[PDB]
Amino acid sequence: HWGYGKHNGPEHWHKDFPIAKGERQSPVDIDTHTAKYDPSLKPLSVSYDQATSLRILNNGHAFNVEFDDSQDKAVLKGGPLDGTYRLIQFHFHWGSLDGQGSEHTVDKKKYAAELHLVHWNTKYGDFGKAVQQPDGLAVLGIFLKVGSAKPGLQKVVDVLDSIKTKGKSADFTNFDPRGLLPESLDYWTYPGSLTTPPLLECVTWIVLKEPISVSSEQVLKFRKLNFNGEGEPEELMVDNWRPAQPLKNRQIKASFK
Ligand SMILES: CCN1CCC[C@H]1CNC(=O)c1cc(S(N)(=O)=O)ccc1OC
Ligand SMILES: [Zn+2]
């Protein structure tokens, strides 16, 4: 089965998932000098107010926090999105070290981790149908510096012991994801894919410029998680990121100067 090691890693993914060498794969490197301001972009609308988180899960790849997406209560509009995308889950990618962990790079620079808040276009009814469409999903990417602690992440960090190994899941109601947001909503956007299998090319990417600082103690607990299942050889969940991909025939736009 696919993973992040030497024998099942990203370089082995094209065999079971030929789209890996597709035309719009993610992540990519965002060259800040060639990225172009897009006057045509409508202001981004993040409305995670009546967001209802339910549980967190270790899927032997990351840890995800799930949301009731049975109403338009947490939504992402505006910017490149011509529609309304509903929040369903969010998850992280981090490294074994602070100088790596992010999936997207900025001028080749690699962050300690990267946050993916995931949304699906409501005109397609469910997520299963959404994922089969070029404009199916929109994912909000936020970078993570190691520095000062992020309070709105700690409630997450503290429940990570109860979901150490693949298959485990704990209750995670009443978490507000707005705490994970940075100050500015300035972003690069491009047409991309999922960054793990099945690597479907169904995603509009909105990667924010301004990262969040999390403490060294915080990201350290992400690293204490296991890839393996209970009572198996202990693989540490670290470096769960796919390297940047050929941009090919794509422009990374920007929402500023
Ligand atoms: C827990 C909810 N699951 C079941 C239903 C929705 C799904 C959530 N997963 C994803 O949307 C997803 C996102 C990425 S990404 N944005 O590139 O980081 C990569 C692979 C993914 O799934 C295979
Ligand atoms: Zn991701």
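For chain A, we keep the numbers from the PDB entry: what you see runs 4-125, 127-261, in order. As the structure lists them, so they are numbered: ligands from 1, and atoms in each ligand from 1.
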Checklist entry - Which option, fenoterol, levosulpiride, ampicillin, benzbromarone, escitalopram, matches the molecule at ligand 1? => result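 The right pick is levosulpiride.
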Checklist entry - In this entry, what is the main binding partner of levosulpiride, named as in the PDB entry? => result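 By most contacts, it's Carbonic anhydrase 2.
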Checklist entry - What UniProt-listed Zn(2+)-binding residues in chain A have at least one heavy atom nearer than 4.0 Å to levosulpiride? => result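 Of the UniProt Zn(2+) binders, heavy-atom contact within 4.0 Å holds for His94, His96, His119.
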Checklist entry - Any other ligand or ion under 4.0 Å from levosulpiride? => result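 Answer: ligand 2 (zinc ion).
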Item to check | Shared residues: UniProt substrate-binding in chain A, heavy atom under 4.0 Å from levosulpiride | outcome: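 In chain A, UniProt ones with a heavy atom near levosulpiride: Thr199, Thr200.
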Next on the checklist: Got a sec? Which UniProt active-site residue of chain A is nearest to levosulpiride, and what's the heavy-atom distance to 1 Å?
Outcome noted: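 By heavy-atom distance, the closest UniProt active-site residue is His64, 8 Å.
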Next on the checklist: Would you happen to know the UniProt domain of chain A where most contacts with levosulpiride sit?
Outcome noted: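 Most of them lie in the UniProt domain Alpha-carbonic anhydrase.
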Next on the checklist: Okay, heavy atoms under 4.0 Å: who's in the binding site of levosulpiride?
Outcome noted: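 Counting heavy atoms, the site comprises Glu69, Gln92, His94, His96, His119, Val121, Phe131, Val143, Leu198, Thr199, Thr200, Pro201, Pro202, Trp209.
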